[PDB]
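Entry with ZK200775: notes follow.
Chain identifiers are assigned alphabetically (A, B, ...) following the order of the sequence lines, protein sequences preceding nucleic acid strands; residue numbering begins at 1 within each chain. We count ligands from 1, going down the list as the structure has it; atoms in each ligand are counted the same way. These values consider heavy atoms only, across backbone and side chains, with no hydrogens, waters or symmetry-generated copies.
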Amino acid sequence: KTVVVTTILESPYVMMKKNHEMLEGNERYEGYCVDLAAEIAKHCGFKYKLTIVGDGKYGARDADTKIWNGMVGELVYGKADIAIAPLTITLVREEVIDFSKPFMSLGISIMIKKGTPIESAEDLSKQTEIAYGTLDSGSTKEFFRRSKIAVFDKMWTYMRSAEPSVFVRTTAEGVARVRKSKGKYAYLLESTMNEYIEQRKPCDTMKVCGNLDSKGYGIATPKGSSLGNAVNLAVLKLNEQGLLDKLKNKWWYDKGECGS
Amino acid sequence: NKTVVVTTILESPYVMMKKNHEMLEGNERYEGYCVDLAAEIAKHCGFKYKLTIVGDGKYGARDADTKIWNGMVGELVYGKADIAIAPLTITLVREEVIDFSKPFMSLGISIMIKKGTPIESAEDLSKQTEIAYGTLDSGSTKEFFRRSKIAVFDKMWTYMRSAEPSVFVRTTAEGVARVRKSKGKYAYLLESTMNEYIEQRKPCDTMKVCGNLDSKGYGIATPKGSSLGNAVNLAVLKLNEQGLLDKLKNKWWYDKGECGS
Ligand SMILES: O=c1[nH]c2cc(C(F)(F)F)c(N3CCOCC3)cc2n(CP(=O)(O)O)c1=O
Ligand SMILES: O=c1[nH]c2cc(C(F)(F)F)c(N3CCOCC3)cc2n(CP(=O)(O)O)c1=O
(Lines of atoms letter the chains of each structure in order from A and count residues from 1; the text may use other names and numbers.)
(Lines give C-alpha, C1' and ligand atoms only; values in the text may rest on other atoms or scores of the structure.)
(Ligands and ions follow the chains in the order given, each with its own letter.)
Protein backbone atom coordinates (compact mmCIF):
# COMPACT_ATOMS: atom_id res chain seq x y z
CA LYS A 1 0.00 0.00 0.00
CA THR A 2 2.84 2.42 -0.78
CA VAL A 3 2.06 5.18 -3.25
CA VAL A 4 4.46 5.72 -6.12
CA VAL A 5 5.15 9.42 -6.71
CA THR A 6 6.86 10.35 -9.99
CA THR A 7 8.50 13.78 -10.10
CA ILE A 8 11.19 15.57 -12.09
CA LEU A 9 14.43 17.36 -11.25
CA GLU A 10 13.68 21.06 -11.71
CA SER A 11 15.08 23.57 -9.23
CA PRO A 12 13.76 24.66 -6.74
CA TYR A 13 10.77 22.27 -7.16
CA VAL A 14 12.82 19.10 -6.88
CA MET A 15 16.55 19.02 -6.17
CA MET A 16 19.10 16.56 -4.94
CA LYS A 17 20.22 17.44 -1.45
CA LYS A 18 23.90 18.31 -1.43
CA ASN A 19 24.50 15.18 0.67
CA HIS A 20 22.12 12.97 -1.30
CA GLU A 21 24.83 10.34 -1.81
CA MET A 22 24.86 9.70 1.94
CA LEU A 23 21.03 9.48 2.26
CA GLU A 24 18.44 6.94 1.19
CA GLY A 25 14.84 6.93 0.03
CA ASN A 26 12.82 10.13 0.05
CA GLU A 27 15.52 11.83 2.15
CA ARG A 28 17.71 12.20 -0.95
CA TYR A 29 15.51 14.97 -2.28
CA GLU A 30 14.36 18.46 -1.32
CA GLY A 31 12.45 21.40 -2.75
CA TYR A 32 9.03 22.98 -3.07
CA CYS A 33 7.39 19.88 -4.48
CA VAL A 34 9.22 17.59 -2.07
CA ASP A 35 7.57 19.48 0.80
CA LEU A 36 4.24 19.55 -1.06
CA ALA A 37 4.25 15.78 -1.44
CA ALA A 38 4.76 15.32 2.30
CA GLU A 39 1.88 17.67 3.09
CA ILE A 40 -0.40 15.98 0.54
CA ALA A 41 0.43 12.54 1.98
CA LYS A 42 -0.17 13.71 5.54
CA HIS A 43 -3.55 15.23 4.75
CA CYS A 44 -4.66 12.23 2.61
CA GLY A 45 -3.16 9.52 4.84
CA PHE A 46 -0.76 7.60 2.61
CA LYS A 47 2.82 6.34 2.55
CA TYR A 48 4.79 7.10 -0.57
CA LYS A 49 8.06 6.63 -2.44
CA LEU A 50 9.59 9.42 -4.50
CA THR A 51 10.94 8.52 -7.92
CA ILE A 52 12.50 10.63 -10.62
CA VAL A 53 10.80 9.93 -13.94
CA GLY A 54 13.14 7.80 -16.02
CA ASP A 55 13.25 9.92 -19.17
CA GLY A 56 13.37 13.35 -17.53
CA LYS A 57 10.39 14.70 -19.44
CA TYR A 58 7.16 16.34 -18.39
CA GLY A 59 4.89 14.50 -20.83
CA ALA A 60 3.82 14.72 -24.46
CA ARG A 61 2.24 12.38 -26.99
CA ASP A 62 4.32 11.37 -29.99
CA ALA A 63 2.19 12.26 -33.02
CA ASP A 64 3.49 9.31 -35.00
CA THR A 65 3.43 6.52 -32.34
CA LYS A 66 0.61 7.80 -30.07
CA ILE A 67 2.85 7.13 -27.03
CA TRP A 68 3.03 9.44 -24.02
CA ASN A 69 6.50 10.01 -22.52
CA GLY A 70 7.43 11.82 -19.30
CA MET A 71 5.46 11.74 -16.08
CA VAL A 72 2.19 11.72 -18.02
CA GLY A 73 3.19 8.50 -19.73
CA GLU A 74 4.24 6.95 -16.43
CA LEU A 75 0.74 7.59 -15.09
CA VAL A 76 -1.11 6.51 -18.21
CA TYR A 77 0.86 3.27 -18.42
CA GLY A 78 0.81 2.09 -14.80
CA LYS A 79 4.36 2.85 -13.58
CA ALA A 80 3.44 5.43 -10.92
CA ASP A 81 0.33 6.33 -8.94
CA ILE A 82 0.72 10.12 -8.82
CA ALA A 83 2.86 12.95 -10.24
CA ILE A 84 3.93 15.81 -7.97
CA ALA A 85 5.82 18.32 -10.09
CA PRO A 86 5.48 21.71 -11.82
CA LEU A 87 3.41 19.91 -14.48
CA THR A 88 1.33 22.25 -16.64
CA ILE A 89 -2.43 21.66 -16.66
CA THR A 90 -3.33 21.36 -20.36
CA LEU A 91 -6.20 20.16 -22.45
CA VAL A 92 -4.38 17.37 -24.25
CA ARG A 93 -3.03 16.15 -20.90
CA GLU A 94 -6.38 16.46 -19.13
CA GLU A 95 -7.83 14.21 -21.87
CA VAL A 96 -5.68 11.36 -20.53
CA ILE A 97 -4.93 12.09 -16.84
CA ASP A 98 -6.68 13.83 -13.96
CA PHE A 99 -5.40 17.16 -12.53
CA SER A 100 -5.97 18.84 -9.20
CA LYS A 101 -6.69 22.46 -9.08
CA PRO A 102 -3.39 24.31 -9.48
CA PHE A 103 -1.02 24.69 -6.59
CA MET A 104 0.84 27.34 -8.57
CA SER A 105 -0.31 29.96 -11.04
CA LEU A 106 2.13 31.27 -13.60
CA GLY A 107 2.50 32.38 -17.19
CA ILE A 108 4.93 33.70 -19.75
CA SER A 109 6.88 36.72 -18.59
CA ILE A 110 9.53 39.24 -19.63
CA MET A 111 13.11 39.26 -18.23
CA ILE A 112 15.24 42.42 -18.54
CA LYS A 113 18.61 43.57 -17.25
CA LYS A 114 18.05 45.28 -13.89
CA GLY A 115 17.74 48.92 -14.88
CA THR A 116 15.98 48.55 -18.28
CA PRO A 117 13.20 50.95 -19.34
CA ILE A 118 10.68 48.40 -20.54
CA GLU A 119 7.46 47.48 -18.84
CA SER A 120 5.30 45.39 -21.22
CA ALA A 121 4.95 43.14 -24.25
CA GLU A 122 3.08 46.01 -25.89
CA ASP A 123 6.19 48.16 -25.41
CA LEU A 124 8.36 45.48 -26.95
CA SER A 125 6.05 44.90 -29.87
CA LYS A 126 6.16 48.50 -31.13
CA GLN A 127 9.90 49.09 -31.03
CA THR A 128 12.99 47.42 -32.46
CA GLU A 129 16.06 48.77 -30.59
CA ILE A 130 15.51 46.10 -27.94
CA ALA A 131 15.65 42.61 -29.32
CA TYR A 132 13.60 39.93 -27.59
CA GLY A 133 13.18 36.21 -28.05
CA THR A 134 12.22 32.88 -26.55
CA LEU A 135 13.54 29.38 -26.27
CA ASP A 136 13.93 27.83 -29.71
CA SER A 137 11.38 25.17 -28.78
CA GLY A 138 8.59 24.40 -26.37
CA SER A 139 5.41 25.97 -25.10
CA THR A 140 6.53 29.63 -24.94
CA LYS A 141 7.60 29.72 -28.60
CA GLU A 142 4.46 27.80 -29.55
CA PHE A 143 2.32 30.31 -27.66
CA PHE A 144 3.59 33.14 -29.84
CA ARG A 145 3.30 31.11 -33.10
CA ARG A 146 -0.22 29.94 -32.34
CA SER A 147 -1.58 33.20 -30.98
CA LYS A 148 -4.15 35.34 -32.73
CA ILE A 149 -3.75 38.33 -30.43
CA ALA A 150 -2.29 41.18 -32.49
CA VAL A 151 0.35 42.29 -29.99
CA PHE A 152 1.73 38.80 -29.60
CA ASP A 153 1.33 37.96 -33.30
CA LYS A 154 3.29 41.16 -33.98
CA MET A 155 5.96 39.97 -31.58
CA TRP A 156 5.98 36.58 -33.31
CA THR A 157 6.28 38.14 -36.72
CA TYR A 158 9.28 40.11 -35.48
CA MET A 159 10.82 37.08 -33.79
CA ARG A 160 10.45 34.56 -36.63
CA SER A 161 12.53 36.76 -38.97
CA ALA A 162 15.04 38.45 -36.64
CA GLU A 163 18.67 38.37 -37.75
CA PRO A 164 20.80 37.28 -36.00
CA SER A 165 18.40 34.79 -34.40
CA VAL A 166 16.73 36.02 -31.20
CA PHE A 167 16.04 32.37 -30.14
CA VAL A 168 18.34 30.43 -27.75
CA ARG A 169 19.04 26.75 -27.25
CA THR A 170 18.47 26.80 -23.45
CA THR A 171 16.98 28.97 -20.78
CA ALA A 172 20.52 29.53 -19.55
CA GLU A 173 21.60 30.87 -22.93
CA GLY A 174 18.61 33.18 -22.73
CA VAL A 175 19.50 34.53 -19.30
CA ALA A 176 23.13 35.05 -20.27
CA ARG A 177 22.03 36.97 -23.30
CA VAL A 178 20.00 39.35 -21.18
CA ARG A 179 23.02 39.80 -18.87
CA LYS A 180 25.57 40.70 -21.54
CA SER A 181 23.39 42.75 -23.89
CA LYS A 182 23.32 45.94 -21.73
CA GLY A 183 19.50 46.24 -22.03
CA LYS A 184 19.03 45.44 -25.75
CA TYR A 185 17.85 41.90 -25.21
CA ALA A 186 14.78 40.88 -23.32
CA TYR A 187 13.96 37.24 -22.73
CA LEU A 188 10.46 35.76 -22.62
CA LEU A 189 10.02 32.80 -20.28
CA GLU A 190 8.05 30.90 -17.68
CA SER A 191 7.37 33.19 -14.76
CA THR A 192 8.48 31.05 -11.72
CA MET A 193 12.00 30.67 -13.19
CA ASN A 194 12.10 34.39 -13.98
CA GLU A 195 11.34 35.02 -10.29
CA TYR A 196 13.77 32.36 -9.16
CA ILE A 197 16.58 33.86 -11.26
CA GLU A 198 15.69 37.34 -10.05
CA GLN A 199 16.35 36.25 -6.43
CA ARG A 200 19.85 34.71 -6.84
CA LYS A 201 23.30 36.11 -7.52
CA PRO A 202 24.39 37.77 -9.73
CA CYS A 203 21.24 39.77 -9.01
CA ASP A 204 21.21 41.64 -12.37
CA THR A 205 17.81 40.69 -13.89
CA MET A 206 14.21 41.71 -13.15
CA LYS A 207 10.93 39.99 -13.87
CA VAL A 208 8.51 42.49 -15.36
CA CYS A 209 5.45 42.16 -13.17
CA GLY A 210 2.59 41.46 -15.56
CA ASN A 211 2.32 38.01 -17.23
CA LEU A 212 1.26 37.45 -20.83
CA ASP A 213 -1.04 34.43 -20.26
CA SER A 214 -2.40 32.45 -17.31
CA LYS A 215 -1.49 28.81 -16.65
CA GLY A 216 -1.26 26.46 -13.67
CA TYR A 217 0.71 23.54 -12.27
CA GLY A 218 -1.38 20.79 -10.73
CA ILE A 219 -0.94 17.40 -9.12
CA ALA A 220 -1.61 14.58 -11.61
CA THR A 221 -3.23 11.17 -11.23
CA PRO A 222 -4.36 8.49 -13.70
CA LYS A 223 -7.98 8.69 -14.79
CA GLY A 224 -10.31 7.11 -12.26
CA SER A 225 -7.73 6.89 -9.50
CA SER A 226 -9.20 6.89 -6.01
CA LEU A 227 -6.56 9.48 -5.08
CA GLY A 228 -7.45 12.33 -7.42
CA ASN A 229 -10.34 13.61 -5.36
CA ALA A 230 -8.65 13.75 -1.92
CA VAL A 231 -5.45 15.09 -3.44
CA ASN A 232 -7.45 17.91 -5.03
CA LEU A 233 -9.06 18.75 -1.69
CA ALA A 234 -5.60 18.80 -0.16
CA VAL A 235 -4.30 21.34 -2.70
CA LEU A 236 -7.19 23.71 -1.94
CA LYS A 237 -6.76 23.22 1.81
CA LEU A 238 -3.01 23.96 1.67
CA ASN A 239 -3.56 27.13 -0.34
CA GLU A 240 -6.15 28.42 2.09
CA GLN A 241 -3.93 27.47 5.05
CA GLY A 242 -1.20 29.61 3.48
CA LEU A 243 1.04 26.58 3.12
CA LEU A 244 1.48 26.87 -0.65
CA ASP A 245 2.57 30.48 -0.25
CA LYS A 246 4.84 29.58 2.68
CA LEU A 247 6.68 27.04 0.54
CA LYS A 248 7.02 29.51 -2.35
CA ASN A 249 8.51 31.96 0.09
CA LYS A 250 10.72 29.21 1.50
CA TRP A 251 12.18 28.01 -1.77
CA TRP A 252 12.24 31.30 -3.76
CA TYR A 253 12.51 34.32 -1.47
CA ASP A 254 13.59 33.42 2.11
CA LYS A 255 17.14 32.67 1.04
CA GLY A 256 17.01 35.30 -1.67
CA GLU A 257 20.41 36.80 -2.36
CA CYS A 258 19.41 40.18 -3.71
CA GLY A 259 17.48 41.93 -0.91
CA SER A 260 14.60 42.52 -3.35
CA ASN B 1 -33.64 17.23 -19.86
CA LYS B 2 -33.08 19.26 -23.08
CA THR B 3 -32.64 22.74 -21.52
CA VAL B 4 -29.76 23.45 -19.14
CA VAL B 5 -30.52 25.79 -16.26
CA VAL B 6 -27.64 28.20 -15.75
CA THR B 7 -27.44 30.03 -12.45
CA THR B 8 -25.44 33.24 -12.33
CA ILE B 9 -25.31 36.59 -10.52
CA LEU B 10 -25.63 40.27 -11.43
CA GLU B 11 -22.05 41.55 -10.96
CA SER B 12 -20.45 44.01 -13.35
CA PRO B 13 -18.97 43.28 -15.89
CA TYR B 14 -19.70 39.52 -15.57
CA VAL B 15 -23.47 39.84 -15.90
CA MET B 16 -25.43 43.03 -16.46
CA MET B 17 -28.81 44.22 -17.60
CA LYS B 18 -28.70 45.63 -21.11
CA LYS B 19 -29.93 49.24 -21.18
CA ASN B 20 -33.08 48.20 -23.05
CA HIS B 21 -33.58 44.98 -21.12
CA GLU B 22 -37.33 45.49 -20.50
CA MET B 23 -37.89 45.29 -24.28
CA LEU B 24 -36.16 41.90 -24.31
CA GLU B 25 -36.92 38.38 -23.20
CA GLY B 26 -34.94 35.45 -22.02
CA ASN B 27 -31.18 35.32 -22.24
CA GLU B 28 -31.09 38.49 -24.40
CA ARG B 29 -31.89 40.65 -21.39
CA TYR B 30 -28.28 40.19 -20.23
CA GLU B 31 -24.76 41.02 -21.37
CA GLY B 32 -21.24 40.64 -20.00
CA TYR B 33 -18.14 38.56 -19.59
CA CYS B 34 -19.92 35.55 -18.12
CA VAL B 35 -22.84 35.89 -20.58
CA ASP B 36 -20.32 35.46 -23.39
CA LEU B 37 -18.61 32.64 -21.51
CA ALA B 38 -21.93 30.86 -21.09
CA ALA B 39 -22.49 31.05 -24.88
CA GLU B 40 -19.05 29.57 -25.66
CA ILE B 41 -19.41 26.76 -23.08
CA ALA B 42 -22.78 25.84 -24.48
CA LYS B 43 -21.52 25.86 -28.10
CA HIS B 44 -18.56 23.70 -27.15
CA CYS B 45 -20.59 21.27 -25.03
CA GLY B 46 -23.64 21.17 -27.32
CA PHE B 47 -26.49 22.11 -24.98
CA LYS B 48 -29.17 24.79 -24.87
CA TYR B 49 -29.41 26.90 -21.76
CA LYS B 50 -31.42 29.51 -19.88
CA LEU B 51 -29.82 32.26 -17.85
CA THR B 52 -31.40 32.80 -14.39
CA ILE B 53 -30.26 35.23 -11.73
CA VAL B 54 -29.61 33.63 -8.36
CA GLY B 55 -32.59 34.26 -6.12
CA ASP B 56 -30.68 35.55 -3.10
CA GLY B 57 -27.94 37.32 -4.98
CA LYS B 58 -25.21 35.35 -3.20
CA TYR B 59 -22.19 33.39 -4.32
CA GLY B 60 -22.47 30.53 -1.81
CA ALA B 61 -21.90 29.98 1.89
CA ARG B 62 -23.54 27.96 4.67
CA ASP B 63 -25.99 29.92 6.83
CA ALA B 64 -24.55 30.45 10.30
CA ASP B 65 -27.77 29.21 11.92
CA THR B 66 -29.04 26.37 9.67
CA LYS B 67 -25.79 25.32 7.93
CA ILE B 68 -27.91 25.33 4.71
CA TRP B 69 -26.28 26.65 1.54
CA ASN B 70 -27.42 29.93 0.06
CA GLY B 71 -26.39 31.58 -3.21
CA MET B 72 -25.55 29.83 -6.47
CA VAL B 73 -23.78 27.02 -4.65
CA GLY B 74 -27.04 26.20 -2.86
CA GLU B 75 -28.96 26.18 -6.15
CA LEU B 76 -26.54 23.56 -7.47
CA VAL B 77 -26.46 21.44 -4.33
CA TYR B 78 -30.20 21.31 -3.77
CA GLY B 79 -31.22 20.74 -7.42
CA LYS B 80 -32.40 24.09 -8.66
CA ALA B 81 -29.65 24.60 -11.24
CA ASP B 82 -27.50 22.50 -13.52
CA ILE B 83 -24.52 24.82 -13.74
CA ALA B 84 -23.14 28.05 -12.29
CA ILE B 85 -21.33 30.32 -14.76
CA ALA B 86 -20.14 33.29 -12.72
CA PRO B 87 -17.03 34.63 -10.97
CA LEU B 88 -17.45 31.96 -8.33
CA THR B 89 -14.31 31.42 -6.27
CA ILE B 90 -12.90 27.90 -6.12
CA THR B 91 -12.71 26.97 -2.42
CA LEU B 92 -12.29 23.87 -0.31
CA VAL B 93 -15.72 24.13 1.37
CA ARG B 94 -17.43 24.61 -1.99
CA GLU B 95 -15.49 21.85 -3.80
CA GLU B 96 -16.62 19.38 -1.09
CA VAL B 97 -20.24 19.70 -2.19
CA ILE B 98 -20.02 20.72 -5.91
CA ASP B 99 -17.51 20.27 -8.72
CA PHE B 100 -15.50 23.11 -10.21
CA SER B 101 -13.78 23.31 -13.59
CA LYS B 102 -10.15 24.43 -13.76
CA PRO B 103 -10.13 28.19 -13.25
CA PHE B 104 -11.23 30.31 -16.17
CA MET B 105 -9.84 33.43 -14.43
CA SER B 106 -6.82 33.79 -12.05
CA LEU B 107 -6.71 36.48 -9.38
CA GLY B 108 -5.76 37.48 -5.85
CA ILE B 109 -5.93 40.16 -3.22
CA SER B 110 -4.56 43.43 -4.52
CA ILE B 111 -3.84 47.03 -3.52
CA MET B 112 -5.78 50.04 -4.85
CA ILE B 113 -4.19 53.51 -4.61
CA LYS B 114 -5.01 56.96 -5.87
CA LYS B 115 -3.51 57.44 -9.34
CA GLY B 116 -0.32 59.29 -8.38
CA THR B 117 1.02 57.78 -5.18
CA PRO B 118 4.31 56.52 -3.87
CA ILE B 119 3.17 53.09 -2.84
CA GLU B 120 3.27 49.71 -4.37
CA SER B 121 3.91 46.69 -2.25
CA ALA B 122 2.18 45.02 0.63
CA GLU B 123 5.61 45.18 2.28
CA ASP B 124 5.80 48.97 1.92
CA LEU B 125 2.40 49.45 3.59
CA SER B 126 3.32 47.20 6.51
CA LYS B 127 6.33 49.44 7.33
CA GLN B 128 4.50 52.74 7.74
CA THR B 129 1.35 54.47 8.97
CA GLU B 130 1.09 57.76 7.07
CA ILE B 131 -1.02 55.81 4.52
CA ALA B 132 -3.91 53.97 6.14
CA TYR B 133 -5.16 50.79 4.59
CA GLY B 134 -8.08 48.47 4.98
CA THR B 135 -10.50 45.97 3.57
CA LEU B 136 -14.15 45.24 3.30
CA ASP B 137 -15.48 44.75 6.82
CA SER B 138 -16.39 41.21 5.96
CA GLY B 139 -15.62 38.59 3.42
CA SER B 140 -12.67 36.65 2.13
CA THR B 141 -10.17 39.49 1.91
CA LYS B 142 -10.63 40.41 5.59
CA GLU B 143 -10.53 36.71 6.53
CA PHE B 144 -7.22 36.30 4.65
CA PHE B 145 -5.43 38.85 6.85
CA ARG B 146 -7.03 37.68 10.10
CA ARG B 147 -6.02 34.14 9.23
CA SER B 148 -2.55 34.63 7.78
CA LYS B 149 0.50 33.36 9.58
CA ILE B 150 2.73 35.01 6.95
CA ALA B 151 4.63 37.78 8.77
CA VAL B 152 3.97 40.74 6.51
CA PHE B 153 0.27 40.03 6.36
CA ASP B 154 0.03 39.39 10.08
CA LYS B 155 1.73 42.76 10.61
CA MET B 156 -0.84 44.39 8.33
CA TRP B 157 -3.67 42.62 10.16
CA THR B 158 -2.37 43.73 13.58
CA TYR B 159 -2.28 47.28 12.21
CA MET B 160 -5.76 47.18 10.67
CA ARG B 161 -7.55 45.46 13.54
CA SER B 162 -6.74 48.33 15.93
CA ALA B 163 -6.31 51.29 13.57
CA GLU B 164 -8.47 54.28 14.59
CA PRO B 165 -10.45 55.58 12.83
CA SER B 166 -11.56 52.22 11.45
CA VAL B 167 -9.85 51.24 8.21
CA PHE B 168 -12.70 48.85 7.32
CA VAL B 169 -15.57 49.88 5.04
CA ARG B 170 -19.14 48.62 4.64
CA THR B 171 -19.08 48.26 0.85
CA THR B 172 -16.70 48.04 -2.08
CA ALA B 173 -17.97 51.46 -3.16
CA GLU B 174 -17.14 53.01 0.20
CA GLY B 175 -13.55 51.74 -0.06
CA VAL B 176 -13.12 53.04 -3.59
CA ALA B 177 -14.58 56.38 -2.59
CA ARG B 178 -12.14 56.52 0.30
CA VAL B 179 -9.14 55.98 -1.99
CA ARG B 180 -10.42 58.66 -4.34
CA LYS B 181 -10.95 61.19 -1.56
CA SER B 182 -7.88 60.59 0.63
CA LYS B 183 -5.23 62.33 -1.45
CA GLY B 184 -3.08 59.18 -1.37
CA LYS B 185 -3.33 58.51 2.34
CA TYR B 186 -5.67 55.55 1.97
CA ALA B 187 -5.11 52.31 0.09
CA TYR B 188 -7.81 49.69 -0.33
CA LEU B 189 -7.31 45.92 -0.32
CA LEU B 190 -9.73 43.99 -2.60
CA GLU B 191 -9.97 41.34 -5.27
CA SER B 192 -7.63 41.92 -8.20
CA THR B 193 -10.46 41.54 -10.70
CA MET B 194 -12.55 44.41 -9.25
CA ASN B 195 -9.48 46.62 -8.76
CA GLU B 196 -8.74 46.27 -12.48
CA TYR B 197 -12.33 46.99 -13.27
CA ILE B 198 -12.39 50.14 -11.13
CA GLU B 199 -9.26 51.30 -12.86
CA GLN B 200 -11.27 51.36 -16.09
CA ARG B 201 -14.11 53.45 -14.57
CA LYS B 202 -14.63 57.18 -14.61
CA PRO B 203 -13.26 59.38 -13.15
CA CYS B 204 -10.13 57.22 -13.76
CA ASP B 205 -8.29 58.20 -10.59
CA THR B 206 -7.44 54.78 -9.14
CA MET B 207 -4.58 52.43 -9.96
CA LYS B 208 -4.05 48.74 -9.30
CA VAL B 209 -0.68 47.85 -7.84
CA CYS B 210 0.59 45.05 -10.02
CA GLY B 211 1.74 42.11 -7.86
CA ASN B 212 -1.02 40.26 -5.92
CA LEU B 213 -0.92 38.99 -2.33
CA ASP B 214 -2.43 35.50 -2.85
CA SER B 215 -3.71 33.33 -5.70
CA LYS B 216 -7.27 32.18 -6.24
CA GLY B 217 -9.45 31.17 -9.14
CA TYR B 218 -12.95 31.47 -10.46
CA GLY B 219 -14.41 28.33 -12.04
CA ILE B 220 -17.51 26.95 -13.62
CA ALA B 221 -19.50 24.79 -11.17
CA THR B 222 -21.78 21.77 -11.59
CA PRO B 223 -23.58 19.50 -9.11
CA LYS B 224 -21.75 16.34 -8.07
CA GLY B 225 -22.04 13.60 -10.65
CA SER B 226 -23.34 15.87 -13.38
CA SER B 227 -22.76 14.58 -16.89
CA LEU B 228 -21.59 18.08 -17.80
CA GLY B 229 -18.63 18.44 -15.47
CA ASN B 230 -16.03 16.75 -17.66
CA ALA B 231 -17.03 18.38 -20.93
CA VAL B 232 -17.26 21.81 -19.28
CA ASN B 233 -13.77 21.45 -17.78
CA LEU B 234 -12.19 20.58 -21.15
CA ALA B 235 -14.13 23.41 -22.76
CA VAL B 236 -12.56 25.80 -20.20
CA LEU B 237 -9.08 24.52 -20.92
CA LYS B 238 -9.63 24.82 -24.68
CA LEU B 239 -10.91 28.36 -24.37
CA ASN B 240 -7.89 29.38 -22.30
CA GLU B 241 -5.50 27.71 -24.69
CA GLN B 242 -7.14 29.32 -27.72
CA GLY B 243 -6.85 32.79 -26.25
CA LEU B 244 -10.61 33.15 -25.96
CA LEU B 245 -10.85 33.88 -22.23
CA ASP B 246 -8.20 36.62 -22.62
CA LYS B 247 -10.16 38.19 -25.47
CA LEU B 248 -13.22 38.32 -23.22
CA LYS B 249 -11.28 39.95 -20.42
CA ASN B 250 -10.05 42.53 -22.88
CA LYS B 251 -13.55 43.14 -24.21
CA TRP B 252 -15.33 43.73 -20.93
CA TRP B 253 -12.44 45.43 -19.08
CA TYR B 254 -10.49 47.46 -21.66
CA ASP B 255 -12.51 47.74 -24.89
CA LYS B 256 -15.58 48.74 -22.85
CA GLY B 257 -13.34 50.56 -20.38
CA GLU B 258 -13.55 54.26 -19.73
CA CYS B 259 -9.84 55.05 -19.12
CA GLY B 260 -7.71 53.10 -21.65
CA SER B 261 -3.95 53.54 -21.12
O1 LIG C 1 4.60 20.54 -17.84
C2 LIG C 1 5.56 21.22 -18.07
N3 LIG C 1 6.09 21.97 -17.01
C4 LIG C 1 7.25 22.77 -17.20
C5 LIG C 1 7.70 23.49 -16.10
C6 LIG C 1 8.79 24.29 -16.22
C7 LIG C 1 9.38 25.12 -14.99
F8 LIG C 1 9.35 26.40 -15.25
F9 LIG C 1 10.60 24.66 -14.79
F10 LIG C 1 8.69 24.86 -13.80
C11 LIG C 1 9.44 24.37 -17.40
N12 LIG C 1 10.63 25.28 -17.40
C13 LIG C 1 10.52 26.26 -18.45
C14 LIG C 1 11.78 27.13 -18.49
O15 LIG C 1 13.04 26.42 -18.48
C16 LIG C 1 13.06 25.53 -17.36
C17 LIG C 1 11.87 24.55 -17.41
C18 LIG C 1 9.00 23.64 -18.53
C19 LIG C 1 7.89 22.83 -18.43
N20 LIG C 1 7.38 22.04 -19.53
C21 LIG C 1 8.00 22.05 -20.89
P22 LIG C 1 7.41 23.55 -21.71
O23 LIG C 1 5.98 23.79 -21.39
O24 LIG C 1 7.62 23.34 -23.16
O25 LIG C 1 8.19 24.69 -21.16
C26 LIG C 1 6.22 21.25 -19.35
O27 LIG C 1 5.80 20.55 -20.31
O1 LIG D 1 -17.33 33.39 -4.88
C2 LIG D 1 -17.23 34.58 -4.73
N3 LIG D 1 -16.96 35.45 -5.82
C4 LIG D 1 -16.83 36.86 -5.64
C5 LIG D 1 -16.59 37.68 -6.75
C6 LIG D 1 -16.46 39.05 -6.59
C7 LIG D 1 -16.16 40.03 -7.84
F8 LIG D 1 -14.93 40.49 -7.77
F9 LIG D 1 -17.00 41.04 -7.81
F10 LIG D 1 -16.28 39.35 -9.04
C11 LIG D 1 -16.59 39.61 -5.34
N12 LIG D 1 -16.44 41.09 -5.24
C13 LIG D 1 -15.46 41.48 -4.27
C14 LIG D 1 -15.20 42.96 -4.46
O15 LIG D 1 -16.40 43.73 -4.30
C16 LIG D 1 -17.46 43.26 -5.17
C17 LIG D 1 -17.68 41.74 -5.06
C18 LIG D 1 -16.86 38.80 -4.22
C19 LIG D 1 -16.97 37.42 -4.38
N20 LIG D 1 -17.24 36.56 -3.24
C21 LIG D 1 -17.38 37.15 -1.87
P22 LIG D 1 -15.72 37.38 -1.16
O23 LIG D 1 -14.78 36.31 -1.61
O24 LIG D 1 -15.85 37.34 0.29
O25 LIG D 1 -15.15 38.67 -1.53
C26 LIG D 1 -17.38 35.15 -3.42
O27 LIG D 1 -17.61 34.40 -2.45
Self-check item: Mapping of ZK200775 to structure
Solution: ligands 1 and 2
Quiz item: Which macromolecule is the chief neighbour of ZK200775 (ligand 1) by contact count, per UniProt?
Solution: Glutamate receptor 2
Quiz item: Which other chains make heavy-atom contacts with ZK200775 (ligand 1) shorter than 4.0 Å?
Solution: A
Quiz item: Which residues form the binding site of ZK200775 (ligand 1) (heavy atoms under 4.0 Å)?
Solution: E10(A), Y13(A), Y58(A), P86(A), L87(A), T88(A), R93(A), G138(A), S139(A), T171(A), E190(A), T192(A), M193(A), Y217(A)
Practice problem: May I ask you to check whether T88(A) has an N/O atom sitting below 3.5 Å from an N/O atom of ZK200775 (ligand 1)? | Solution: yes
Self-check item: atom 8 (F) of ZK200775 (ligand 1) [closest protein heavy-atom partner, distance rounded to 0.1 Å]
Solution: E190(A) CD, 3.1 Å
Quiz item: Nearest to atom 16 (C) of ZK200775 (ligand 1), what protein heavy atom do you find, and at what distance?
Solution: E10(A) OE2, 3.6 Å
Self-check item: L-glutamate-binding residues (UniProt) in chain A with heavy atoms under 4.0 Å from ZK200775 (ligand 1)
Solution: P86(A), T88(A), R93(A), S139(A), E190(A)
Quiz prompt | atom 27 (O) of ZK200775 (ligand 1) - nearest protein heavy atom and its distance | solution = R93(A) NH2, 2.9 Å
Quiz prompt | Nearest neighbour in protein (non-hydrogen) for atom 7 (C) of ZK200775 (ligand 1) | solution = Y217(A) OH, 3.6 Å
Exercise. Would you check the N or O atoms of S139(A), main chain and side chain alike, for any that come under 3.5 Å of an N or O of ZK200775 (ligand 1)?
Key: yes
Self-check item: Heteroatom proximity flag, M193(A) to ZK200775 (ligand 1), N/O under 3.5 Å
Solution: no
Quiz item: Should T171(A) be counted as touching ZK200775 (ligand 1), given the test is an N or O pair under 3.5 Å?
Solution: yes
Quiz item: What protein heavy atom sits nearest atom 20 (N) of ZK200775 (ligand 1), and how far away is it?
Solution: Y58(A) CD1, 3.5 Å
Quiz item: Looking at atom 3 (N) of ZK200775 (ligand 1), what's its closest protein heavy atom, distance included?
Solution: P86(A) O, 2.8 Å
Between ZK200775 (ligand 1) and the protein, which N/O pairs fall short of 3.5 Å?
residue, atom, partner, partner atom, Å
ZK200775 (ligand 1), 1 (O), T88(A), N, 2.9
ZK200775 (ligand 1), 1 (O), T88(A), OG1, 3.3
ZK200775 (ligand 1), 1 (O), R93(A), NH1, 2.8
ZK200775 (ligand 1), 1 (O), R93(A), NH2, 3.3
ZK200775 (ligand 1), 3 (N), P86(A), O, 2.8
ZK200775 (ligand 1), 3 (N), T88(A), OG1, 3.4
ZK200775 (ligand 1), 15 (O), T171(A), OG1, 2.8
ZK200775 (ligand 1), 23 (O), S139(A), OG, 3.0
ZK200775 (ligand 1), 24 (O), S139(A), N, 3.0
ZK200775 (ligand 1), 27 (O), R93(A), NH2, 2.9

